[PDB]
S.K.: 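A structure from the PDB, with nevirapine included.
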Amino acid sequence: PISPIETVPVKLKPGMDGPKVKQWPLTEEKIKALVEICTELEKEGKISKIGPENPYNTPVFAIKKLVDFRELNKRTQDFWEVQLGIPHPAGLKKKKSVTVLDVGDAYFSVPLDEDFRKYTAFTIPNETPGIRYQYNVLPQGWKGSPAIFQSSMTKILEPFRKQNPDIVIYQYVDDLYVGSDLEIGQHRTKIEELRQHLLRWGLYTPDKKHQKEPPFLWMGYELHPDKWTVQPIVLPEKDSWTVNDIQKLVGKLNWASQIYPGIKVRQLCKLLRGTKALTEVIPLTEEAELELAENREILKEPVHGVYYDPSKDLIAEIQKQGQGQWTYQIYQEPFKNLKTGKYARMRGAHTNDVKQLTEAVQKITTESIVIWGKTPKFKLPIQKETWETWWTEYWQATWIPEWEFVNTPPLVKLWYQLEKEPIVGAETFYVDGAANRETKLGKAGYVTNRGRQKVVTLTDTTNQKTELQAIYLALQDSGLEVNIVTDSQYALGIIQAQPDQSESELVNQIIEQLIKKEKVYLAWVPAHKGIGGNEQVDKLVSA
Amino acid sequence: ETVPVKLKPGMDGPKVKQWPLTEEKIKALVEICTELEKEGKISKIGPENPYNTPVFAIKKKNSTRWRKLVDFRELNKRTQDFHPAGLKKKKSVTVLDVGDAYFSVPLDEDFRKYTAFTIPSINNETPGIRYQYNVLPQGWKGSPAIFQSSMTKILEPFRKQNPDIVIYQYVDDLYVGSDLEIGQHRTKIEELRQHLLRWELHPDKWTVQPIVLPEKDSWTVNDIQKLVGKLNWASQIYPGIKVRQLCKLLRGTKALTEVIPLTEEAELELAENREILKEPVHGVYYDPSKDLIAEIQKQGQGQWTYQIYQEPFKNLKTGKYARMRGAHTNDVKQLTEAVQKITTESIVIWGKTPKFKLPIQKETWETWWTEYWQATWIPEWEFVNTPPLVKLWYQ
Ligand SMILES: Cc1ccnc2c1NC(=O)c1cccnc1N2C1CC1
């Protein structure tokens, strides 16, 4: 079934040359087979015999045929990326019916660039000359075979498409999803028309009596032409569990977390701690049991949704799950979800809820654009005043597409706010810290207008941990209202940014402290100058 | 006849991935492109071409119609190689979009492959539509060049017949400056419009803005401290700035709110610093052989400060930008605008785009800038974290 479609002109990487490998032996059997097989293609037109001028070659195999172009591929020009982008269900638009014509023979039926064919020479094995041919069609396992096959497919489909607008087609590897809004017979008919059109170019495709049937299973879902369902997920019931098992279980469970509300894996993941081998077995803790059981139940209830209706608007709503964790669901009509998902806390350096929500919103906007070409109207668990307050004061450019407040607690708020001006009648701490960078020994202390004072020596600390430390002590030994003046820009920055989550313990401590206080004003002054109380602590935390 | 063009030795064509676009903008392109295809400006390409360049669509809101824009930054960088102080002084300069002229000229076959780009599809329903240029592509550095000849001619008339005017070309943009009061300038331009057809800016107002020091009736410990810091920092630019007398008024562990009178010497020291700050620092000169840099800080409330400099603490020009006419509460909007304005001035003054340092997160910028861009060119940029210091200063 060879195609009479113009071949795609191929070439070898700049200044390279065809493969010149040699094959010596194979059994009488392995030679008998190949001789037969070839003779077959030989006649079909798939391959041809070459002779006089072909200095190229490759090892042929017999597996109970196979030709390895590993080397040829290395010397083959690069082609245009096949594109990893995949349609996601929530993107699809309702149809009446949709079949999947399975091509298969696909590639092996596509003409190989004439010129390039020589390079595709291979020999059959102990007399004198053996058996030599070269490929005449896109060879199984060759570099450009995928790329080239799809382009060809697309050309062949281009007219048919233009004549059948109403008809949608999705080319995926070796399958054709064709759906439409025509009635049951008109459809079945067009598929047929489509088939002869394909068969009209050497592209054999199965008849109505052999194509696969709906719903089709796709990257996780079970989908029909009017709705879809999360193909239900089962958890293996077992006596003993190996690490490996546990791990896969977490993956399944993790994937489920997107669609299924309430899935958990805390105690299950705990089991991995310390593991010495994938084959190791772990006594499933009772707590793991309770959780595993619990998830099994959650997985029992079927969940299904619908496709996108261009004639309606998208609405994305977000919830604050834990600290840094967020759930979101997208819909066109209440409770009729199009897609849902969850985002794990991106534990980073030092951030805060409003920033984090901002990212979630950003991630979603991006995803949404990819799927629908539009961005949803957002419903956010944050007060408009909160957002105003935060953004108009955050050093970094930030933004949220049009959205509206939805009072669905817990809401995201600012855990504390630094004073704009010094507090009248509150103690003033002139904190300072510093450590020898060669030994990592340091001092961090403070002094105040109220005479108070304190200092502490530290081991293996670093400069920045010292200055942070200094502010911690101040925050500690201070009471409800404080004025703190540091000469550390690091600290000023960090804190000035009103962080409510960090991976550094000290920073967490400080944050906690900050939330505790009633009023806090942080100020900064140049270090090592004659300036104020700074020159006092400067002297006390020396080296 | 088309001049041959080659990539710098050893280099290969861009293979930049395509950004996902809005429906709105996807349609615009198929339209724009089927047209360009018919006219034969561009043509569909095969899978044997592995190169790619990002494309998208904007509208200089000088129209409501959409315009196609290709990001050749990468390509331009990989392309072989081959300005008047006038307008820099002119009373007024106007910019003209001549991108078009290029489409009149064919592109060297062997080079076309490199200009490959891709119109995407939503949800990936389909593969994108791939095209490659047959004429000189707008936004490509090679174009203005090759079109040089044809360009100079076309102009010459209006040139030596209006020598009291300066005409500069940068990519798809033509900068025309004259001292003629608005009346003659505006008409002389339209006069030039038709001339090309047949085939507001104000330079001097851009000076290194002054550093101003605050004046209070009464000063608190806080106040002084804040002033000493700014001054201190400022001493990097003006080594003559002293802060001794003020550092005195602060010694001892006083409460931040405590008011402090200024010793006559503190007074002087201060008055002396105000004076020093009355003029940009000496010895600052544009070095052609070094990259221009533009840095911007979000001051908030709609404001944005910035500095064009080549070496640290030796600013060539500094400025501020505030939001005029049009409820704009959208930072990204503002920042893109801000960046354009600035790249523009660079071009005028030095005729070179500056390398930007942006106070925003990659992810955010990438997801929306395109939505507000309105220029045929695209500068280079990187993302950063504003040191609160540098901010309170230019504030
Ligand atoms: C896997 C896939 C990818 C892209 N689109 C579709 C499909 N498959 C379908 O079964 C499908 C279901 C509902 C709507 N469009 C669908 N089709 C469209 C082609 C008719």
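As listed: the chains are lettered in turn, A, B, ..., one for each sequence line. The numbering of chain A matches the PDB entry: 1-64, 73-133, 137-554, in order. By the PDB entry numbering, chain B shows 6-87, 96-212, 233-428, in order. Keep in mind that the numbers below use all heavy atoms, side chains included, and drop hydrogens, waters and symmetry copies. In listed order, ligands and their atoms are each counted from 1.
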S.K.: Please list all instances of nevirapine by ligand or chain.
M.R.: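 It's found at ligand 1.
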S.K.: I keep wondering which chain grabs nevirapine (ligand 1) the most here. What name does the PDB entry give it?
M.R.: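 It is most in contact with HIV-1 reverse transcriptase.
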S.K.: Would you pull out the other chains with a heavy atom less than 4.0 Å from nevirapine (ligand 1)?
M.R.: A
S.K.: Okay, what organism does the entry have down for chain A?
M.R.: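 The entry gives Human immunodeficiency virus 1.
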